[PDB]
> 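Here's one more: a structure with progesterone in it.
For the single chain, residues carry numbers from 1 onward in sequence order. We read in the header that X-ray crystallography, 2.6 Å was used to get this structure. Hydrogens, waters and symmetry mates play no part in the numbers below; they use all other heavy atoms, side chains included. Both ligands and their constituent atoms are indexed starting at 1 by order of listing.
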Amino acid sequence: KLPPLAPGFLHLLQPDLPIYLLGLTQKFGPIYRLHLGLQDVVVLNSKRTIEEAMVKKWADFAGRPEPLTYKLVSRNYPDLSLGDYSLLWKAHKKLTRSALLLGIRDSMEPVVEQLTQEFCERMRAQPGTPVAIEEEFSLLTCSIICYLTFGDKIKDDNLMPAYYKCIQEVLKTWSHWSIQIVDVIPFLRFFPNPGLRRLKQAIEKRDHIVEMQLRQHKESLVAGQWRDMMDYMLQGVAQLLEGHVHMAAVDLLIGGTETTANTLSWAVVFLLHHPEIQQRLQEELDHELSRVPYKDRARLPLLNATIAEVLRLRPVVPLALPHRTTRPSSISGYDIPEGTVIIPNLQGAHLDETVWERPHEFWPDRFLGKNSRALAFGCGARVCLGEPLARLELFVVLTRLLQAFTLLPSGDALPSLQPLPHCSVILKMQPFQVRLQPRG
Ligand code: HEM
Ligand SMILES: CC(=O)[C@H]1CC[C@H]2[C@@H]3CCC4=CC(=O)CC[C@]4(C)[C@H]3CC[C@]12C
């Protein structure tokens, strides 16, 4: 007995897809089948069902599907984030996980704190002027992941301009409806598509960039020493090959910029709507205090509760990434065949009233480590690779923003909390501007 099948196609065209999927749980329960595109796919809409699949049945769902764009972005192969579950993939992830956790065990804090301070200095240029803060956070987060992957040469040969441009374009093209439409309806591959040709030209570099940096790290590399994440990964390689390192850097770079930047932007808009919270956060910092290190963190309980709420209420990767069943299994008492694609609806799951009371409301006080955790980063074998670095950025950036600045609306009106309807992969807010006034 398979999970119940909701009628229709293509439910993709629904305005707020994760919220549309949540609405279907009323009639069909937390777990059901439906036609996303032309394909039959099962969707999970509660923490209990997601954790049963990903945490309890670890290996059973761990896999990835392989539609055309997965192949197109890694022709030379082989990707981590889109790679299927295998023994070699596990070794792949283990290694890059070690580069983030041990390779930059030190550095990770100082590099983050140095670049956010440059960001704050850059914001002091023209106080009380309308700022495109989306683009500013994007430059900050991209800089951070670049410096940690590639090292000193980035602003030294002054490479952030070109690297930012490239990284932005790669994700911009891939996540567009053209390109993504070939994945859901395979036969449109033979159709003419401006988008695919734009994507191929955007893969050449990123590949030129990552390869140039790969070879530059290989010369000047000292065995036993590591200045960045690439130095680390190169020395754990040569069945894991340098091609694994290449794609691992790509996954770090693209996975690490727009995700943390949009989460930061979400926190901003939420803060703007709740001057009650911003003030309470300004009062908390001024009592600990000249930076408040990540080591402390617990000394600011409402800030961690606020961060957790933004992650809970606006998870930047709302439908995670698609999972593929590796062997015949079950979720919630229903038979789940091998090869079946699974969508963990993370945004919908966080909106469960049974787990979180008054669920559509922004309420940091709810987390004052108080009961029941969200999963903006997912869970199980496919957990976000960059979570530890992500949570550090959110702490350091917002902690250094709230002291030294007061967030004010750009216009006389408030910027909408409503995320734009046709989102692919990343949950983006409507383009807004902010006013930063010194002393907060
Ligand atoms: C707060 C910001 C972030 C959020 C909410 C987030 C969320 C996620 C989610 C939901 C997944 C997929 C989980 C699944 O498939 O079940 C994921 C995967 C991934 N994220 Fe993130 N992420 C963030 C920041 C980052 C950063 C900073 C990096 C790298 C420096 C990164 C790199 C990755 C990679 C490489 C994967 C794929 C891992 C795999 O397939 O096993 N992310 N992220
Ligand atoms: C979680 C997330 O949004 C990130 C993490 C890894 C990222 C992917 C890494 C591999 C990749 C390479 C490309 O050239 C196109 C975009 C993609 C397909 C990336 C899109 C965004 C992803 C899916």
> What parts of this PDB structure belong to progesterone?
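At ligand 2.
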> Which macromolecule here is the main partner of progesterone (ligand 2) by heavy-atom contacts, as listed in the PDB entry?
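Most contacts: Cytochrome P450 21-hydroxylase.
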> Which residues that UniProt lists as binding progesterone in chain A have a heavy atom under 4.0 Å from progesterone (ligand 2)?
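Per UniProt, the ones with a heavy atom under 4.0 Å: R206.
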> Mind looking up which residues in chain A UniProt says bind 17alpha-hydroxyprogesterone, and which of those have a heavy atom under 4.0 Å from progesterone (ligand 2)?
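Short answer: the UniProt residues with a heavy atom that close are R206.
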> Report any other ligands and ions found less than 4.0 Å from progesterone (ligand 2), or state none.
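Under 4.0 Å from progesterone (ligand 2), the others are ligand 1 (protoporphyrin IX containing FE).
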> Which nucleotides or residues of neighbouring chains are within 4.0 Å of progesterone (ligand 2) (non-hydrogen atoms)?
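Counting heavy atoms, the site comprises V73, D79, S81, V170, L171, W174, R206, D251, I254, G255, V317, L321, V425.
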